[PDB]
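Below is Mitogen-activated protein kinase kinase kinase kinase 1 with sunitinib bound.
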Amino acid sequence: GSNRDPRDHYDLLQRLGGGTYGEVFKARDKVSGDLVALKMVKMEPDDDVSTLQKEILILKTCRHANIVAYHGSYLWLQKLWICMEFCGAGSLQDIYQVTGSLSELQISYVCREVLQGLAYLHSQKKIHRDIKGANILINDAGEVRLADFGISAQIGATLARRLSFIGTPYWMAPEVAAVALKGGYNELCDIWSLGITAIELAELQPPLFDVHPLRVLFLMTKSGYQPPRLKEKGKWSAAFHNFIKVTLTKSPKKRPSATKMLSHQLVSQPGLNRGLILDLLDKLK
Amino acid sequence: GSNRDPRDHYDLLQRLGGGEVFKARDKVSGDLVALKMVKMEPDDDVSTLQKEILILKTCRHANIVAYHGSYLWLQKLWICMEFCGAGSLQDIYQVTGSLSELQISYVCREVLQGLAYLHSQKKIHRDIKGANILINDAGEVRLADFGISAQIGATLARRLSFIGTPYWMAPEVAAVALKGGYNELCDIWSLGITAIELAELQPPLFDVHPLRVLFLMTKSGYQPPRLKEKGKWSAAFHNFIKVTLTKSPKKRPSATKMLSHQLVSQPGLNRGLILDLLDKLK
Ligand SMILES: CCN(CC)CCNC(=O)c1c(C)[nH]c(/C=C2\C(=O)Nc3ccc(F)cc32)c1C
Ligand SMILES: CCN(CC)CCNC(=O)c1c(C)[nH]c(/C=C2\C(=O)Nc3ccc(F)cc32)c1C
């Protein structure tokens, strides 16, 4: 990247979102006039810039239609600015909080595009680790995009010990919870999270959203633990109930991959296109 | 690193611990080393492992195992390091029983020196415990690695935290299941749990389910653990435990500040205390 003021190339506009992790702002390229998203990562004076730089190189090497495009980065006065593709409708959580439940075909389309993104991430030896409505972006043309590629499947692989992770517990696979008492998870943890995300788009929250997050992880490690299910049987077709059953299979040895899931009836059926989301975006008035 | 068989330079002697480690001897110098072996799959990315190795090459301190080189051969990645003859403190205490207070004080002083270094290099260990603290035949103390960068997933527009063993994790690491993050002071808490582990042979609440231990750390009225038998230990050891086990990371002292504590500043802390403990194995 460059050590320069990003205002040299962009007009900084409205705050789109943020958290403790950092902020994201709308902006416009001064030359082209195209809108972009600018991730702003705040640094402390003693933070190691080289580690941030290393992460950026992953954005420079990975490219896919269903992951937000990367345009460049600016390090300036303890702020790291990352230029990404703008997605006008924000996240699916921003959309379903206004619009209400998504239709079965809208969820089918979302899942297909997210599986295309996951199949790519996984082939590049990355694991997303937090697939959920808030981390799936939608543009004005109704196209689906992941906000990042995740990070390497091998974290601390050279260490003589294992490291587990905590993403958002309601979307975490059982074997990630079990790393607190056993060893190992792999890229299939993202397939379970996609199944919870389908329930989250159908119903307006994931299963057990009112239970404490560490109790949700605890219940997943007990024997006789039953994976979650759609609460209304009649409202959804057999194909959707099966997609939920196979994506939410308890054992990762029996859970299908992103490539295998792209052959499932729910996401292989005709009539899945960006137009179904353009209909969802029309419900904002 | 090299793309060649490590057996070109090393005589492999013994399997040590399962993520596989071998004791070996250098063919030219005759010096013993530990060789870590990582099995790779045909489609694994080589650069990701070699990026990790570089971190190993950049960091150097007496209280972390020395790195000697690496070898890639037929989908096996080998990392050559300093050999620590007595193994881990857990391998030692499972035979010898409880460590003495002076032995614990010397161990903590040495680990704090390693952590102060590790933290100045912007790393976090994330799993300080007896099994991850090595001892050599001379009774010197070494961490088995330098940890990983303090920032993992920093560029992501989301919170993602990487987690060690629940019984040794700080309350703010448990709170990550609800909101926010944590910092390097989580290793100071883990060292306080390790001191109780070396004194009692188990960390606090070892019979409670690991996720239940973490759940209790997020509740209102949570109270940190203490040493069980008050009269066996001096007030300096009780105070060391009290300050390292400060619930709030904002009030918990740094490794540098903990190095001025009476327990680890007292005279007579040297490798001889550990040579005594190693005599109990024989
Ligand atoms: C439907 C609109 N919403 C109300 C319901 C408004 C709230 N949501 C919004 O403003 C919003 C918009 C319009 N874009 C983003 C985020 C990103 C974007 O565009 N490219 C990225 C690339 C990476 C990244 F990590 C985030 C983004 C948000 C949160
Ligand atoms: C006497 C042996 N004991 C039986 C009671 C314990 C068994 N354990 C043993 O033998 C043992 C010994 C003698 N060294 C190690 C490991 C390491 C070593 O030396 N340098 C490293 C550097 C990095 C690392 F990740 C591991 C090691 C073990 C497990």
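A, B, C, ... go to the sequence lines in the order they are written. Numbers in chain A come straight from the PDB entry, and the residues shown are 8-292, in order. Numbering, chain B: per the PDB entry, residues 8-25, 29-292 in sequence. Technique stated in the header: X-ray crystallography, 2.2 Å. Computation of the quantities below employed the complete heavy-atom set of this structure, encompassing side-chain atoms and omitting hydrogens, waters and symmetry-equivalent molecules. For ligands, and for the atoms within them, numbers begin at 1 and follow the listed sequence.
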Other chains closer than 4.0 Å to sunitinib (ligand 1) by heavy atom: A, B
Numbered atoms and elements of sunitinib (ligand 1) in range of A:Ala44, under 4.0 angstrom, heavy atoms: 18 (C), 20 (N), 21 (C)
ATP binders in chain A (UniProt) with heavy atoms under 4.0 Å from sunitinib (ligand 1): A:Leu23, A:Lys46
A:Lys46 N/O under 3.5 Å from sunitinib (ligand 1) N/O: no
Sunitinib (ligand 1) to chain A UniProt active site: nearest residue and heavy-atom distance: A:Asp137, 11 Å
Sunitinib (ligand 1)-proximal atoms of A:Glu92, by part, heavy-atom distance under 4.0 Å: backbone
UniProt domain holding most chain A contacts with sunitinib (ligand 1): Protein kinase
Element-labelled atoms of sunitinib (ligand 1) that are located less than 4.0 Å from some non-hydrogen atom of A:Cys94: 12 (C), 13 (C), 14 (N), 18 (C), 19 (O), 20 (N)
Organism in the entry for chain A: Homo sapiens
Contact residues, sunitinib (ligand 1), heavy atoms 4.0 Å: A:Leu23, A:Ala44, A:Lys46, A:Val75, A:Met91, A:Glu92, A:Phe93, A:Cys94, A:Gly95, A:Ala96, A:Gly97, A:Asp101, A:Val105, A:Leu144, A:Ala154, A:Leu291, B:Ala167
For sunitinib (ligand 1), list every N/O pair with the protein closer than 3.5 Å, one pair per line with the distance.
| from | atom 1 | to | atom 2 | distance (Å) |
| --- | --- | --- | --- | --- |
| sunitinib (ligand 1) | 8 (N) | A:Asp101 | OD2 | 2.9 |
| sunitinib (ligand 1) | 14 (N) | A:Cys94 | O | 3.3 |
| sunitinib (ligand 1) | 19 (O) | A:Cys94 | N | 2.8 |
| sunitinib (ligand 1) | 19 (O) | A:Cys94 | O | 3.4 |
| sunitinib (ligand 1) | 20 (N) | A:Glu92 | O | 2.8 |

